[PDB]
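What follows is a set of notes on a single structure, which appears directly below.
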Amino acid sequence: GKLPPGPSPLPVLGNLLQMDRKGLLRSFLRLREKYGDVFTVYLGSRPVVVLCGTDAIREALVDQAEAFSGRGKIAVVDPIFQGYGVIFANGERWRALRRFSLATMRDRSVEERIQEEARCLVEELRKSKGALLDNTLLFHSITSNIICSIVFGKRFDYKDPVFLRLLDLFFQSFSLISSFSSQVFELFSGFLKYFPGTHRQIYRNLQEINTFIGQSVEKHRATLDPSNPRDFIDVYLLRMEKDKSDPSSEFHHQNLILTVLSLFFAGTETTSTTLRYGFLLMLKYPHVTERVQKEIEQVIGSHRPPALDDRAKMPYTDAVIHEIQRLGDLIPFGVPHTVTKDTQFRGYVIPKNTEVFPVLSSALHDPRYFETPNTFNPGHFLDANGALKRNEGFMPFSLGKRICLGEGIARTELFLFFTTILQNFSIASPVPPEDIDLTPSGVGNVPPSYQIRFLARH
Ligand code: HEM
Ligand SMILES: OC[C@H]1O[C@H](O[C@H]2[C@H](O)[C@@H](O)[C@H](OCCCCCC3CCCCC3)O[C@@H]2CO)[C@H](O)[C@@H](O)[C@@H]1O
Ligand SMILES: OC[C@H]1O[C@H](O[C@H]2[C@H](O)[C@@H](O)[C@H](OCCCCCC3CCCCC3)O[C@@H]2CO)[C@H](O)[C@@H](O)[C@@H]1O
Ligand SMILES: Fc1ccc([C@@H]2CCNC[C@H]2COc2ccc3c(c2)OCO3)cc1
């Protein structure tokens, strides 16, 4: 057995010279062209196995789900997470935190917090009276507020300057994490960590968030009612007490800080940018947005708030959302995995702990599953009867055991925010549809910034 084929590497520099300067995603797509769907690339001196196309990614993450369930490190944030918290934990630590986190958030429901946030957002947008605005901040705020409501048992006002201060420096961290400079850090951190760069700024920002999280933990502990836990932090503190006699237990303070940080880290920016991309497509394609508001009117009407049960009756809107996520492609080369043991895969052997990237973009644009993969097309998700249809290339949340933990919540946000906004508002912008440019990144693709008006309807 051996590793999947790929370009021969240099000793310190790995496959530096066979990389493309546009970044990792582009580097991977060009190599795929030369080497096939499964290949090995050296990021500095680390071998990394790259998976492209729906079928190879499913063969790994679904057909050998356990083998492929390891988590690989992200150099720019590892000095913060250091293998703690739900995202970056491995083995028994991960299993315990993932089990605990799923059970905890799945119990005012999440749906209800979302409808309340959407109600707050609409009330805020109305105050605009159709003024031009950049919706970036509002979309960061609504999605952060869903996580806040789950973890801290509260939401924050849109104009709260302390919320906004922390929000700003938190979201600044995402742009930085996505930059070319950080991508270079992913390859050569062993050297570059000794010099100034984005990694110090990412570190400082996230540590400052950890400080605030730590203060809210103290405050929760001081006011705790063990009979009536308020939120994720309360429930976790009760688990710490329950496990206090087990010194092997994963429920300690560091896992708590870093699990809370993980939920904001994974659950805010992807959701927010999906919404922002969505509204950019809805300005580019008024006929779609018109059909979505027609379906809203038929199913929901103009008086009551959308509810999640509405989605089953709204295949067209559901299909529009699927297509926004697909074309959005917000995590285009996945989040690194590792194999948890020596692994046979398509006739190659992948040694234990080798890093693997599932290149979700190449599934999202797979021409086997999407007739017009580069064109916005809700028909990709609709059958001949206009009913929603599952699509095997649709894996924006990934697949298998590491599948997005927040998938259910994120989809509920997407549905209720898109539909609650479009129920109450129509949209316009200074840029005619024809000149709207959808090209982003890209460790995470970021849409252009744009101006929009929300025009209150009857
Ligand atoms: C449109 C919005 C979202 C998208 C497309 C998305 C996508 C992803 C992806 C691609 C992964 C990597 C899975 C893998 O390792 O292969 C992931 C992991 C994760 N996601 Fe999401 N996400 C979104 C929103 C959220 C939200 C709202 C939450 C929490 C409320 C969240 C929580 C997490 C967590 C905690 C992990 C680590 C899972 C693990 O390692 O077991 N995500 N998500
Ligand atoms: O002088 C400071 C005053 O502000 C306080 O507000 C608290 C709030 O009660 C408290 O809920 C808040 O917690 C901050 C949690 C950190 C949130 C970080 C996330 C925010 C959303 C985006 C992702 C990151 O911190 C504030 C710190 O001040 C209290 O309102 C006052 O009692 C206090 O006197
Ligand atoms: O990590 C060290 C921290 O120690 C204290 O906080 C601890 C507390 O010392 C520690 O008591 C607490 O664990 C208790 C959590 C739930 C208490 C269980 C109770 C159940 C009812 C019967 C009494 C016990 O965890 C906190 C997490 O920080 C300090 O308050 C913090 O400032 C300090 O950061
Ligand atoms: F589990 C999760 C981990 C990281 C996220 C990030 C959250 C913010 N927006 C970008 C998401 C992906 O970021 C990555 C992707 C691959 C990488 C990378 C960083 O550096 C080199 O290889 C989301 C969920």
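Count residues from 1 along the sequence. Note that ligands are numbered from 1 as they come in the structure, with each ligand's atoms numbered from 1 the same way. Just the heavy atoms: all of them, side chains too, but no hydrogens, waters or symmetry mates, feed the values below. Header lists the method as X-ray crystallography, 2.1 Å.
Lab note: most contacts to ligand 4 come from the chain UniProt lists as Cytochrome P450 2B4. The molecule at ligand 4 is the drug named paroxetine. In this structure, the binding site of paroxetine at 4.0 Å (heavy atoms) is formed by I74, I87, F174, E186, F265, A266, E269, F333, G334, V335, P336, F357, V443.
Nearest non-hydrogen protein atom to atom 5 (C) of paroxetine is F265 CE2, 4.0 Å. For atom 2 (C) of paroxetine, the closest non-hydrogen atom on the protein side is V335 CG2, 3.5 Å. Among all non-hydrogen protein atoms, the one lying nearest atom 20 (O) of paroxetine is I74 CG2, 3.6 Å.
In summary, the atoms of paroxetine found under 4.0 Å from a heavy atom of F333, numbered by their order in the structure, are 16 (C), 17 (C), 22 (O). Regarding atom 21 (C) of paroxetine, its nearest protein heavy-atom neighbour is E186 OE1, 3.5 Å. Against a heavy-atom cut-off of under 4.0 Å, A266 is close to the following atoms of paroxetine: 24 (C). Set against the non-hydrogen atoms of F174, the atoms of paroxetine under 4.0 Å away are 8 (C).
Here the protein heavy atom with the shortest distance to atom 11 (C) of paroxetine is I331 CG1, 4.2 Å.
Entry annotation: chain A, source organism Oryctolagus cuniculus. The contact set between paroxetine and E269, taken as ligand atoms under 4.0 Å from a residue heavy atom, comprises 8 (C), 9 (N). Within the structure, each other ligand or ion under 4.0 Å from paroxetine is listed here: ligand 1 (protoporphyrin IX containing FE). Among all protein heavy atoms, the one lying closest to atom 16 (C) of paroxetine is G334 O, 3.2 Å. At the top of the distance list for atom 14 (C) of paroxetine, counting protein heavy atoms only, stands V443 CG2, 3.6 Å. Here the heavy atom of the protein found nearest to atom 1 (F) of paroxetine is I87 CG2, 3.5 Å.
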One pair per line, please: each N/O atom of paroxetine matched with every protein N/O atom under 3.5 Å away, atom names first, then the distance to 0.1 Å.
unit_1     : atom_1 : unit_2 : atom_2 : d
paroxetine : 9 (N)  : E269   : OE1    : 3.3

